[PDB]
Each structure stands twice: as structure tokens, then as C-alpha cells.
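Model: Peroxisome proliferator-activated receptor alpha / ligand elafibranor.
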Amino acid sequence: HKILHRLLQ
Amino acid sequence: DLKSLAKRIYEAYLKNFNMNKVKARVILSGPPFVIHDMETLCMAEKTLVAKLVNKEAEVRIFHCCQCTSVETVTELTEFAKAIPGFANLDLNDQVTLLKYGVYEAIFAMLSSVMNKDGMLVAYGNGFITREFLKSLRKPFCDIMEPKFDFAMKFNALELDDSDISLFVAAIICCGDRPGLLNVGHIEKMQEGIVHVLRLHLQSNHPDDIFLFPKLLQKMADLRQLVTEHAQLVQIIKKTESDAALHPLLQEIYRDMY
Ligand SMILES: CSc1ccc(C(=O)/C=C/c2cc(C)c(OC(C)(C)C(=O)O)c(C)c2)cc1
């Protein structure tokens, strides 16, 4: 989930 | 105090979502371009998604739907970041909560732009009719009709945005999602949001003394709607080459149900 994980960073 | 948690969640909803129910109802009350047939779909495409226009109409529409979803996922991530307590969770649990919650929240919020004849699209600038969507070739005509059926009954509850913001927070802050690391902390976060939702409904809807258990049931209905939607999306991806799936959405569906 690299896009979610970046969206949340 | 709890009234302030409710207000903070509502404020975060008004700030992070481009569409809300007040805005949608103003537009739906009479200006949106009406898409009711192939001619008007092609016209709206040239005015509102000009760059997009050339596979079959149904595949172009499905591409537009995905662009809408990707945008709403981004709005939901920011809204979630603004939910008091969420940002203290483990980053991996934040991802898990959003992965399972976003489509439940998407279809709940979609009800605000739907009526029995159609739905607002393209940031309130188009209105696509429910009968036009039913007219598309299979399987694309099977996507939206269960969402309209859900929305007509959801809209009959006459919630406002202060209710819906708490309901969407409760969907997100859900302790029984698969793969959670700190279930206990999420359950307490959820209990606090559900507590605020319960009290808010009692205050805002004194006329409907079962509204809270009705909404708990809608939450379960949405989980089933999402499972069924994900199944249809998988059928489309496997049986339709022109209908590739955006990477963020593939990531969300992957190992979901
Ligand atoms: C300019 S034409 C037009 C624009 C917008 C809409 C629309 O609101 C979309 C509703 C809608 C449609 C679909 C297929 C959908 O599933 C996709 C995107 C694959 C997914 O993310 O799972 C979702 C979650 C929502 C329809 C037509």
C-alpha cells in the first residue's frame, strides 16, 4: 500500500 | 466536549470534501449538463473531460468513475488524518482502516448526490441519468443500480452533513477490519466516535428514536455492497482489456475480499 502510506505521510 | 468532537469531525468533513449534501441539493434543485443518452454523453465529454476524448463509451465512463474514486480516496485520507485519535495510530493500521473503509464511505457519501432520477458528476457540473446508466452494455449497466437502491433508502433517513461526517468517521474507525495490529486501541477509538454519533443523533433527530440502530444496519449493508462491488470490478478487470484499473484502486482492492 505505498500510495496510501505516502498519502498518509 | 463530546459536542466538540462532533463539531471537529463536521468541520473536517466540510473542509476536505469538495461535495457535501447542502451543495448538492442546491444544484439538484435548479447549471448541470444533463447526460441522458449517447449524444449528450459525447457532448459532456467534450466540455468537461475534453482531454479524455476513445474506446467504447462504457469503458470511457468507467475511466471517469475511477478518476472520481481516486479523488475521493485522497479526500478521505485527509479527513481521516483530521479525525481526533486516528493520527496516533500505527501507520500500518491507518492504512488498513482506510483500505477497508474508503469504499464504504464512498458509497455512503455518493447518496448525497443521488436522487431517484440520476446523480451529480464532474464536480457538480453534470447530471447523469439513472436510466442512461441502466442502458449501458453488460456488465457496465450493473455497476450503479445497487448504489442507487442503497442511496434511496439512505436518503430517506434525511441525514444532514453533521450526521454524515460522524457516520463516515465511524465507518473508518472500525476495529474488526482484517489485519489490524492494535485492535484494542482501535476499538476504543471506535467506541468514542460511535458514542459521539449516538448522542448527536439523539440531539439532531429527536423524532426518530431508532436512527442509531438504523445506521448501524446501513454500515453492515455498505460492507455487503462493497463486497459485491469488488466482485463486479474483478469481473470487469478480467473480461475487459480496455478497462484497466488505476494503481491506487488496484492496491485498495488487492487482498481486500
Ligand atoms: C462524466 S461521466 C460519469 C462520472 C462519474 C460517475 C460516478 O459518479 C461514478 C460512480 C462510481 C462508478 C464506478 C464504476 C465505481 O467503481 C470504480 C470506479 C471502478 C471503483 O472505484 O471501484 C465507483 C466506486 C463509483 C459516473 C459517470
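Chains are lettered A, B, ... in the order of the sequence lines. For chain A, we keep the numbers from the PDB entry: what you see runs 687-695, in order. Numbers in chain B come straight from the PDB entry, and the residues shown are 202-231, 237-259, 265-468, in order. Any value given below was found using the heavy atoms of this structure, including those in side chains, with hydrogens, waters and symmetry copies removed. How was it done? The header gives X-ray crystallography, 1.6 Å. Counting starts at 1 for both ligands and their atoms, in listed order.
- Heavy-atom contacts below 4.0 Å between elafibranor (ligand 1) and other chains occur for B.
- According to the PDB, the organism given as the origin of chain B is Homo sapiens.
- Counting only non-hydrogen atoms, the option in B:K358, B:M355, B:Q277, B:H440 that gets closest to atom 10 (C) of elafibranor (ligand 1) is B:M355.
- Within elafibranor (ligand 1), the atoms closer than 4.0 Å to a non-hydrogen atom of B:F318 are 24 (C), numbered from 1 in the order shown.
- For elafibranor (ligand 1), the atoms sitting less than 4.0 Å from at least one non-hydrogen atom of B:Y314 are 20 (C), 21 (O), 22 (O), 24 (C), numbered in the order shown with element in parentheses.
- Residue contact check for elafibranor (ligand 1): B:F351 places no non-hydrogen atom closer than 4.0 Å to it.
- When B:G337, B:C275, B:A250 are ranked by how near their heavy atoms come to atom 2 (S) of elafibranor (ligand 1), first place goes to B:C275.
- Taking UniProt's list of indeglitazar-binding residues in chain B, a heavy atom lies under 4.0 Å from elafibranor (ligand 1) for B:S280, B:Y314, B:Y464.
- Lab note: contacts of chain B with elafibranor (ligand 1) map mostly to UniProt domain NR LBD.
- For elafibranor (ligand 1), the atoms sitting less than 4.0 Å from at least one non-hydrogen atom of B:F273 are 14 (C), 19 (C), numbered in the order shown with element in parentheses.
- Comparing B:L456, B:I354, B:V332, B:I463 against atom 1 (C) of elafibranor (ligand 1), the shortest heavy-atom distance belongs to B:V332.
- The nearest protein atom to atom 24 (C) of elafibranor (ligand 1), hydrogens excluded, is given as B:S280 OG, 3.2 Å; this is a heavy-atom distance.
- Close contacts between elafibranor (ligand 1) and B:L460 involve ligand atoms 21 (O) [criterion: under 4.0 Å to a heavy atom].
- For elafibranor (ligand 1), the heavy-atom contacts closer than 4.0 Å come from B:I272, B:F273, B:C276, B:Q277, B:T279, B:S280, B:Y314, B:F318, B:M330, B:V332, B:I354, B:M355, B:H440, B:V444, B:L460, B:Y464.
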